[PDB]
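Structure with forskolin present.
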Amino acid sequence: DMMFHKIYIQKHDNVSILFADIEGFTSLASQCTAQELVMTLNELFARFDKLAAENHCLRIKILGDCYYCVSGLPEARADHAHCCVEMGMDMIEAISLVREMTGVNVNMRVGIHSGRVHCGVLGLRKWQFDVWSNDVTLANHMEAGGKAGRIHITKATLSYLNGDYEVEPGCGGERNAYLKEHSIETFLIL
Amino acid sequence: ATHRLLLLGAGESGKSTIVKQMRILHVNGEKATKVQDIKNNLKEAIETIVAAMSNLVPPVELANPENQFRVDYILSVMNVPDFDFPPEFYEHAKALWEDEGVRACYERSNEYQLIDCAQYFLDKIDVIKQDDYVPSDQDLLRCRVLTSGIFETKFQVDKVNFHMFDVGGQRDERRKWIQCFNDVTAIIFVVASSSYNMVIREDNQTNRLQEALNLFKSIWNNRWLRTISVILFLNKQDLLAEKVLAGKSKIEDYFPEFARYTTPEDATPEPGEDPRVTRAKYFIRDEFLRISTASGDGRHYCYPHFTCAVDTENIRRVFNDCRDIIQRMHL
Amino acid sequence: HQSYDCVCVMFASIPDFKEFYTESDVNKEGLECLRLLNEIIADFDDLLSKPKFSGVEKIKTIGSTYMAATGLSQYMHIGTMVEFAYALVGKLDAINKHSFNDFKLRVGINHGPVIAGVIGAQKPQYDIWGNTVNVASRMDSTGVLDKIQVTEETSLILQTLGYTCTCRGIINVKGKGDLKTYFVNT
Ligand SMILES: Nc1nc2c(ncn2[C@@H]2O[C@H](COP(=O)(O)OP(=O)(O)OP(O)(O)=S)[C@@H](O)[C@H]2O)c(=O)[nH]1
Ligand SMILES: Nc1ncnc2c1ncn2[C@@H]1O[C@H](COP(=O)(O)OP(=O)(O)OP(=O)(O)O)[C@@H](O)[C@H]1O
Ligand SMILES: C=C[C@@]1(C)CC(=O)[C@]2(O)[C@@]3(C)[C@@H](O)CCC(C)(C)[C@@H]3[C@H](O)[C@H](OC(C)=O)[C@@]2(C)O1
Ligand SMILES: [Ca+2]
Ligand SMILES: [Ca+2]
Ligand SMILES: [Cl-]
Ligand SMILES: [Mg+2]
């Protein structure tokens, strides 16, 4: 406070981190123009923003074509898993309508892990609420090691689900090295 | 009523020992694993001495060339992974340690990297070799195992709480230190006082004391440590006197400013202490204090203690001087 | 929210940081790690208030990736970004002295048309989009430590302003193909 700067960060357990990216982003960039893209991007992420508020997810940041929220925040929730699952569902549905409007193969690639996070802000200028931990770092890799239009969940995300959704073998080890080298059992949603 | 102390200092400085001493003093199957460690210390102590024999300038020759074969036995087992420690090993070890030419090598040890406990274990080989051997407390103190990472050890003294954080002294280990900088009661900074005639493991060139000083100056003038006082521990005080009284190697030859130095007025020498030792040990302390005077501005101070880490009788004493300081240095 | 024409974008990330990140009981489960990161970013923010960096507008920070832009307010704005990117090095070095670490910053700098504005009606936050940016980022990630990577266009512009460039070679930019890239000389 007098020697280290004041830190605006706090620990938060039992939370579920959704990550979502766009398959065929450059192929879409190829069709439309610089502006025409941003319109489609803003329209989708404004659309996305609403769904998060319903599905009790607090949206973190938008990183170009990367959208990521997290349920279980700002305040704890026993639904924290089910929300993200219901979120990705609505998201794959939300891309559908906008994809049919263009007529080109674009899709969302979802990934979700659970566990513990730290959350808050870094620096002084230009604050933007963000999360950090290996569990976030894992969640990110889940999206990276995801499959088109399917929801990629972790071993931890099934133990918070109470088995309501029907799952199938994920095989994330083959789509990502961080997943492989950490022996993460992954699953997919039916 | 809880204080978090952090142990800083270069490699081999003595951090690990200080914690061991707290386990002795203020704490409460398991030791059989350490027996193995002590044997390792022994193995590498003698194997290092012999290996040094030829690479030294000038080279040193065995007093009894009968021992040449044993010398060959040692080098043949130097790198062997899980050593069986057979009775042959101890026999050949003692033989060498008996050899005058080998001792001459040890007496020139400052010219190569050799652990502090060499002589100590080597002198008691017939003690260590027994299969029902149980290490003494002092044996546990002297047993050297490099620390990599941060290891907390909690304890209670007169219903007051302490959190001690042991870190790695080496350079690739100094990066982790940061994690214990925030919310610290004070620094305990440890220094191989005796290592004035030695270089470091990290690069075989940088002088160990000169290193400790520059590491100290880093801590004393650190941006996250501006308000933290530093309880200075000038360790290995036994080994210092041993070197000073020996007078084989000199201080003015590694630190030329010592030639100028004379002993301070406020000198509180121990009973029957040689002035030479007094002059030496306080010079060292003063080198450190020159860093604790240039900056600080009464926002943080420095508290020197002459300490011998492997002396439980001296550690209680000095840590009691420290308890006095902390009781008002959290107010 | 509007479009632009000549905006200079800089990405500077810290590759060495992800390793340094730990989660143990000793570091309060990755809090102390994030605490040093704060100190670093906060040092980088202490540069925007400077007068010669008044033109520098910080956009956001991706993990340890610091993202900024000049010209949102002729080509002197491209040079500024470099003097800024140099500066972060002085700030990242400073930390190393005190933090007993060896962090190296890795800088990618591009320029061209961008679109700047707000996205989402929830929490309105400033962001820039388009190819120019995508390349800026792609040049950071394919960069070398202690070095600033620039495109062929920027190479030239900096050469007028008295900066020398050494050709990196060729890069496969996802969607823009193979292209020539450069390093500014220390
Ligand atoms: N003679 C003598 N030996 C000592 C003294 N203090 C420590 N030693 C010996 O020196 C050796 C090295 O000390 P150690 O505690 O391991 O340093 P360290 O701070 O832990 O080194 P590192 O873990 O940062 S790499 C130990 O084996 C110990 O017995 C002392 O005061 N006098
Ligand atoms: N405004 C921005 N903020 C943060 N990151 C950005 C921004 N703009 C672009 N990027 C970066 O651009 C990079 C390029 O994205 P990427 O190539 O993965 O998309 P893609 O063409 O859909 O490929 P893929 O289908 O394999 O994911 C991303 O990793 C992203 O981090
Ligand atoms: C900064 C902390 C640390 C170590 C932990 C962390 O959670 C991350 O911030 C996430 C995962 C995390 O903050 C979520 C977004 C994103 C962008 C995916 C991050 C980056 O991959 C970071 O690494 C980079 C590249 O900065 C990373 C991994 O770094
Ligand atoms: Ca992407
Ligand atoms: Ca993408
Ligand atoms: Cl030392
Ligand atoms: Mg140690």
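Residue numbers start from 1 in every chain, and the chains themselves are labelled A, B, ... in the order their sequence lines are given, proteins ahead of strands. Counting starts at 1 for both ligands and their atoms, in listed order. Scope of the values below: all heavy atoms of this structure, side chains included, with no hydrogens, waters or symmetry mates. So this one's X-ray crystallography, 2.9 Å, going by the header.
The full list of places where forskolin can be found here is ligand 3. Bound to forskolin with the largest number of contacts is the chain that UniProt calls Adenylate cyclase type 5. Other chains within heavy-atom reach of forskolin, distance under 4.0 Å: A, C. Within chain A, the UniProt domain with the largest share of residues touching forskolin is Guanylate cyclase 1. According to the PDB, the organism given as the origin of chain A is Canis lupus familiaris.
For forskolin, no other ligands or ions have an atom under 4.0 Å away. The molecule name in the entry for chain C reads Adenylate cyclase type 2. Short version: no covalent link from forskolin to a chain. Within 4.0 Å of forskolin, judged by non-hydrogen atoms, the site holds A:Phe19, A:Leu63, A:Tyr68, A:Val131, A:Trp132, A:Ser133, A:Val136, A:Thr137, A:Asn140, C:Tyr21, C:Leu37, C:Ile62, C:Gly63, C:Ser64.
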